[PDB]
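What follows is a model of Capsid protein p24 carrying bound fluorescein.
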Amino acid sequence: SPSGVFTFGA
Amino acid sequence: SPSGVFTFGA
Amino acid sequence: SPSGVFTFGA
Amino acid sequence: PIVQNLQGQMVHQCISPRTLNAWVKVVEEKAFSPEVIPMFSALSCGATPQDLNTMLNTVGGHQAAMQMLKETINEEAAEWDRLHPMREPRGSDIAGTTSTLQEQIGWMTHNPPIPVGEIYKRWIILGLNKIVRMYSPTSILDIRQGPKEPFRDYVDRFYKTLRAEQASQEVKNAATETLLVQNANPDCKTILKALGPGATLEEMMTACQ
Amino acid sequence: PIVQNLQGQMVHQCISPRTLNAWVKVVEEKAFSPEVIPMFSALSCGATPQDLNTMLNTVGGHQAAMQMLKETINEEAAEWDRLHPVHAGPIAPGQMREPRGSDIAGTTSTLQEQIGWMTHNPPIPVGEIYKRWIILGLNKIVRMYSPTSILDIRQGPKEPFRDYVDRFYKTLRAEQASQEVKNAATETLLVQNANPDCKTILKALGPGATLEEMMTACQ
Amino acid sequence: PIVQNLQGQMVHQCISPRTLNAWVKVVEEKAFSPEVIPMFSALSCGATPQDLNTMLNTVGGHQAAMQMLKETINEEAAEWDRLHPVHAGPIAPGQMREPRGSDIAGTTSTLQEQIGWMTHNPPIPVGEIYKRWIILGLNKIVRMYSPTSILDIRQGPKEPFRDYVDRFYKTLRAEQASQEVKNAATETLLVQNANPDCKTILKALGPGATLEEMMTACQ
Amino acid sequence: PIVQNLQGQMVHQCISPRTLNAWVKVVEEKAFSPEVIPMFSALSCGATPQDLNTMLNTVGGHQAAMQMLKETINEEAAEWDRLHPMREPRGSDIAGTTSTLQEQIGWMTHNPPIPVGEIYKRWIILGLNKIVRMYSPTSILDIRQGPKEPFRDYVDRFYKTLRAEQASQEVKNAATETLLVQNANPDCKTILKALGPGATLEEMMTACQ
Amino acid sequence: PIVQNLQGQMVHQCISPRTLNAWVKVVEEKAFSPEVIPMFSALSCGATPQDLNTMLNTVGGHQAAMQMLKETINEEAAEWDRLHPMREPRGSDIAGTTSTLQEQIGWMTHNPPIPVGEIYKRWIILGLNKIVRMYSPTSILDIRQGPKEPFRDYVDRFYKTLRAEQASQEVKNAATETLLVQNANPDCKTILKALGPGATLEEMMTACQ
Amino acid sequence: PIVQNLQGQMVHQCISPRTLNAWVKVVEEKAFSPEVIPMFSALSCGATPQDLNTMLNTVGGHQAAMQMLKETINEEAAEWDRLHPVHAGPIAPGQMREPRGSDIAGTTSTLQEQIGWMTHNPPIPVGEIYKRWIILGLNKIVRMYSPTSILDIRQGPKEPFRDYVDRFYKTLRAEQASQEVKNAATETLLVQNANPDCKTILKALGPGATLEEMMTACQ
Ligand SMILES: O=C(O)c1ccccc1-c1c2ccc(=O)cc-2oc2cc(O)ccc12
Ligand SMILES: O=C(O)c1ccccc1-c1c2ccc(=O)cc-2oc2cc(O)ccc12
Ligand SMILES: O=C(O)c1ccccc1-c1c2ccc(=O)cc-2oc2cc(O)ccc12
């Protein structure tokens, strides 16, 4: 599954 | 006399 | 010294 | 305008720059198209006579329409004085010519309230109706579907002009019964006459698609 | 619109200039694209019948469309009068009368009456009812304004599958005034109008495959 | 500006950036057209002398006009000192002093003094007084900036009567800094400057006809 | 959205025209670039399921992405129903398909609160992650420094694509260890290989300035 | 800024993006024209030293003017320390260099209040006066009516320059007595000299219309 | 952001669309010019770690710069864990735990935890700490993005001294991510890079002359 695009934070 | 331009409502 | 630029008021 | 505050009290607020710019730009762009009168009525919500005078006065051009509007306001004020011969408001007090802001606030917030703002807005809207009806560029009789024009556009102009002319609902219906169908181009006119009597606008626009 | 103040009381507020201009510009630019109906439903939040009539009246063009809309509103108002009739007679001194089809459309009711109906306990959402009628009329107008038919949407020879799907569900949304369009005939038509290669790929993928897998197969 | 908070108290508020930019742009675009004075009167609502001085100071151009305006303000301030002099002497421990011509123009008064004068009971509208002086000066400047004279406004040979009336009452508004211009000489001049045909029509219409009827006759 | 009022109460507010126009313009301009998902998450702050559905529905184009998003929402709702077999919310109630605004408000303001809006936003963000990862125009393997391209631009595209692909931090690090240095143009590649092992991004960008 | 809340309390508010963008765009468009100083004074209403430093620091260009302004602030802070040798604020505390936001709030809301923001804004306005007077493009002596220039424009430049130079009212009056009339083009100069002594600006502009 | 309501209570507010769009446009137009860091510091007023992460995440470009920024944040977080370690053990029933380097950066802390830390008495400004780390990273990125060197800034032959000073302190600000740059070497370099005439004038002016006097001498 994808990991996300929120470089900063969670 | 004119009737008005308020197509909707009164 | 300069006097200011506030034409109106103080 | 008079607006209710979160404490339940009716207070006075200054007319907004957003609203002023709104009305100015509406009169600039739309001239006296019918839609101008609703927008006005919506931007003057809760307005005092002074706020209405502000809105009308910020108009730069169309001074003919504004002088006509002045005359109409005078007529309605005279009729108000005839009907109706803390102070009681006269025809000049409702139009904000002889009343002060605090007096208008007093009348509007009084119990029972005296809606001077709504009366003045009524007269103003009447004058605006007259101006719009006078400024209609073309009559409904001369609204005819162009040879290469879409039917949707022809009906758009038909009912736009019909809205500008401001007739009773019976005259509008009567107009769309016969005048709408007859003024169509030969193709869509033959199709429409082939449809039948009492066809809805939806059906007519569908057939000529 | 009826909005809650900090005190916890439901009060009336003048319709905002930002909302008015918003609706006007949406009708100007988007014409009658489907997305106009959601936007409308969002800009008329907590709106009274008066405010709805303001939004509709401020529209300057598409006057034919506004006539169809008025017809639809009259039809729904008559259906309300049939299914929800008001007993002609006296009203209890403390209660408020019942709304007719003309009272919900804000044509025979004053702003204070609408406020009372919307803030009563139990409430009577006249604004939401009228908004549902308006949205029915707008649905009909959108459906009519559909430029092309779903049948005429076919994947180009050297066109990406993604673009073909975009125009597909866009045109279908326009023709049906909705996004829930997962029918067997709709799906079979999607797979059939595709170009031969991606068609064979999709057919080979099997039945009941998700749109994600279908678009992954024809990358 | 002095605005009422929800608590019911009259408090001071910093002049808004939207109002500042509004006034600035009005002075930039409209120059000194008559409609600038209403707009000003609306943007300076509930304004203190300080806020008025801010609006006037933020104007970057038309500095000559601003000098005429300053002269006018000084004249009205002197007339205030003549008609409304302040007794040189002691002030009651609980009361506030009386404003001089310099105190109303916000040049010798602090913001707190202006707040006290404007919120006292009975109030002393120093902001409205100063605003009336400013509007007198602006009236003079508008009157001076009038491009053409009403005498030089004549209906074109093939020009619509409506356009001629527009330029007529527009030019007259500029030359008089007002819209109430229903004089006998003004009306006779309106009918006289018209083209021969519409002139004969209007003369035939009779005396005392409304502008509505006059514009209807020369459609 | 549900927002706290100055009286400490949690009340319902209508979604703003500023916010609506914001989301619309973001989807228009940025398409499905990764930055679209943060912005969404920031404009839906305090949102109910109805507000989220409003935001998604006002999107005019990208109907393929919206249908995929629908499917993903259905999958997450089915999983929610499996896990979780005043009323209790079902998979359809969190997605606002079968629940009413007043019920959503009830769940969200209840004590203990049931964050239906945050759950639905979670599912939506998942679908959006899938869509973004699928819509990446180029793979990280094909991101190579042009001959006359500045190194800063090459790394900008490298980490933009790397953000769009959405891999574990170990796969991202592993990618930037070797793939970043090898794909550089001959000059900056010789310089980088001359630097040494374990050089920071700052150092690599500095050397190739 | 420190602003009064509806409860009558003096609270701290964050400087607005509207205000920031306002000041930035004013410095961009108007450079150091005199009108920039009023606008500044109007956008910093209720400002703390930290907010003033924010406003000045967001300026991208004109770094020469900003360094001069720094020097002037240092001079005024030194004079403040000489005059004035809960903590008491020093020259560095008023300029926000050595004080914290909470301390500035304390001084400004204290009773009696210590207006550090107004003092710092005073020093800043002084430095800005010096910068404006130094950046005047042309001297009043070289402001002469062009041959084909309208008199209104000539006086506009005359009093614009006269405002930029910032002299005592006696020097300004003395300038407009003789220098204004002499620098006019031959026509309007003959007319003006024909008018007489002690003519108002209104009269001079009227005669040369 | 944590903002005070009229009741006097510190409450949480959703980050505004105007602030989001503001920051985005600042990063788009100004790139990484020095003035971007003040603007950031002003747009993130009263911001939580979550809001800071929102501002940084909404940035679409300069992803390499965002990687350097993330590295810097990790470094400062490790330094926080070294200088400010949290005792592994129990927490008093009424107290809140201590933040780790991951808790300040909002990567292992919930919004409610950040609210508690920021509103506690005594408060724990996690938002201001994280903002200081972010501003360190941004300082490094600005310093790196400096186009030219201060050594290459020399007064043109027929260029005004004012323009030369503007480019001088502008380039120096970029190369040092600061405006306090009154060093002996900096000043000597300013006077040295000037054209010969203004150089002789400045040297003749004497030591310790103010920039005002220096710019007055070379008018
Ligand atoms: O169907 C309903 O929920 C209903 C029941 C009783 C009275 C009105 C409605 C009703 C609505 C109730 C709530 C609401 O938010 C919106 C409603 O809209 C209606 C529209 C109709 O044509 C006809 C009816 C409704
Ligand atoms: O004429 C008045 O109403 C008046 C009477 C006493 C004191 C001031 C005023 C007065 C104003 C009173 C109320 C108000 O709203 C505005 C006023 O403006 C004035 C201007 C003047 O030059 C001179 C006087 C006024
Ligand atoms: O140096 C401080 O003031 C301090 C003291 C104890 C705990 C945190 C800080 C500290 C900050 C205190 C207040 C404030 O507004 C900002 C702070 O930022 C810090 C950043 C650090 O890397 C490391 C420390 C801080």
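Chain identifiers are assigned alphabetically (A, B, ...) following the order of the sequence lines, protein sequences preceding nucleic acid strands; residue numbering begins at 1 within each chain. When reading the values below, keep in mind they use all heavy atoms of this one structure, side chains included, and skip hydrogens, waters and symmetry mates. Read the numbers this way: they start at 1 and go in the same order the structure lists the ligands and their atoms.
Other chains whose heavy atoms approach fluorescein (ligand 1) within less than 4.0 Å: E. Considering only non-hydrogen protein atoms, atom 22 (O) of fluorescein (ligand 1) sits nearest to E/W133 NE1, 2.9 Å.
Shown here, atom 16 (C) of fluorescein (ligand 1) is in close reach of the protein: a heavy atom of it lies under 4.0 Å off.
In this structure, the protein non-hydrogen atom closest to atom 5 (C) of fluorescein (ligand 1) is E/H84 NE2, 4.9 Å. Each of the following atoms of fluorescein (ligand 1) lies closer than 4.0 Å to a heavy atom of E/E128: 15 (O), 16 (C). The protein atom (non-hydrogen) at minimum distance from atom 14 (C) of fluorescein (ligand 1) is E/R132 NH2, 3.9 Å.
Looking at E/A77, E/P125, E/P123, E/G101 and measuring to atom 13 (C) of fluorescein (ligand 1), the nearest heavy atom belongs to E/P125. Considering only non-hydrogen atoms, atom 10 (C) of fluorescein (ligand 1) lies nearest to E/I129 out of G/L101, E/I135, E/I129.
Inside a 4.0 Å radius of atom 24 (C) of fluorescein (ligand 1) there is at least one protein heavy atom.
For atom 9 (C) of fluorescein (ligand 1), the nearest protein heavy atom (residue, atom name, distance) is E/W80 CZ3, 4.7 Å. Protein heavy atoms are absent from the space less than 4.0 angstrom from atom 3 (O) of fluorescein (ligand 1).
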